[PDB]
Amino acid sequence: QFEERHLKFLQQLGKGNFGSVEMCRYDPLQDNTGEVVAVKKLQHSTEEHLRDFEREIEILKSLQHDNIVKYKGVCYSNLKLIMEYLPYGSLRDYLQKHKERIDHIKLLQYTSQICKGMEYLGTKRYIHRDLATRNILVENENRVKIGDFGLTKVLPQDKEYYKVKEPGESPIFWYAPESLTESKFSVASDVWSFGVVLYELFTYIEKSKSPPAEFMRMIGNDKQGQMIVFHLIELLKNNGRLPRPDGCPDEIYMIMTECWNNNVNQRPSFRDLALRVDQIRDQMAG
Ligand SMILES: C[C@@H]1CCN(C(=O)CC#N)C[C@@H]1N(C)c1ncnc2[nH]ccc12
């Protein structure tokens, strides 16, 4: 498969939770004709964390979809995950740097691909648990993939939610209220997070405008650092919400706000989202 001695470090691509991502060249012929891949390793190896890594790997290996990043193989010593390298980086950085070449119509095209890939996940009873533009990957100008599965689980098998509480730091400003209060993750919590993704896209990743910044302002940067979770749970309870981004059409903002339903069961499905997005798209064309 992939040999460690044949893998040359080029640069750091990312870190996420308890993983890092590197750009390496696989060059078994050692003639600089090998192919550029992305390699994910544990940033600090544990038995628990690696139990979890091996699962993430099985999860990705089991995914074959146009909008899902592409398992190439594995590498021991010790354990490394080889994926396809996508040359435009995360949707987050791409959109920030290049706002520029990206209109609303393109944002809905991405949005729609995010939905299709997430629907494929749901097909498999996978909860992603970490939908955020930084985890979306740009293949070319016209194509995005879901790029990382570090927190992804399977749904238990009588149950439509999966309850998990992880050591350290959670992306709480992308979490559904039930995930904050009850630690419950489901397709519907993914859909909550999808709405936040959609908000990020429409803000063009303006720094002052990020979810944390916005929510922190709404809460008070003079609240605390630990009651932050409490105040955010309250805010969301009282139907406090991320503002409509500058430029956002009311009907995209309506998608967003429907994803941020406190009622888990009333949030739309990914198939419905794709239908509505694809369709707002068409009315924007002709
Ligand atoms: C957006 C991708 C998913 C998250 N990334 C991490 O490093 C997460 C962890 N740990 C960066 C990665 N990225 C910038 C990539 N950039 C280019 N090709 C890639 N293949 C796979 C990831 C990848």
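Using the PDB entry numbers, chain A covers 843-919, 924-1132, in order. Just so you know, these numbers use all the heavy atoms, side chains as well, and skip hydrogens, waters and symmetry mates. Ligands are counted one by one from 1 in listed order, and the atoms in each one are counted from 1 as well.
For ligand 1, the recorded drug is CP-690,550.
The chief contact partner of CP-690,550 in this model is named by the PDB entry as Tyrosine-protein kinase JAK2. Measured on heavy atoms with a 4.0 Å cut-off, the binding site of CP-690,550 is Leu855, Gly856, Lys857, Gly858, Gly861, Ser862, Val863, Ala880, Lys882, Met929, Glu930, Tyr931, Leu932, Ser936, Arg980, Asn981, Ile982, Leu983, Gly993, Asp994. The entry names the source of chain A as Homo sapiens. Near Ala880, meaning under 4.0 Å from one of its heavy atoms, CP-690,550 places the atoms 19 (C), 20 (N), 21 (C). Of the protein's non-hydrogen atoms, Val863 CG2, 3.8 Å is the one closest to atom 5 (N) of CP-690,550.
Listed by number with element, the atoms of CP-690,550 under 4.0 angstrom from any heavy atom of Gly861 are 10 (N).
Any N or O atom pair closer than 3.5 Å counts here, and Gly858 shares at least one such pair with CP-690,550.
The N/O atoms of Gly935, backbone and side chain alike, include none that comes under 3.5 Å of an N/O atom in CP-690,550.
Under a 4.0 Å criterion applied to the non-hydrogen atoms of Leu855, CP-690,550 contributes the atoms 11 (C), 14 (C), 16 (N), 17 (C). On a distance-only criterion, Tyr931 and CP-690,550 share no N/O pair closer than 3.5 Å. Listed by number with element, the atoms of CP-690,550 under 4.0 Å from a non-hydrogen atom of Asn981 are 4 (C). Protein heavy atom at the shortest distance from atom 23 (C) of CP-690,550 is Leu983 CD1, 3.6 Å.
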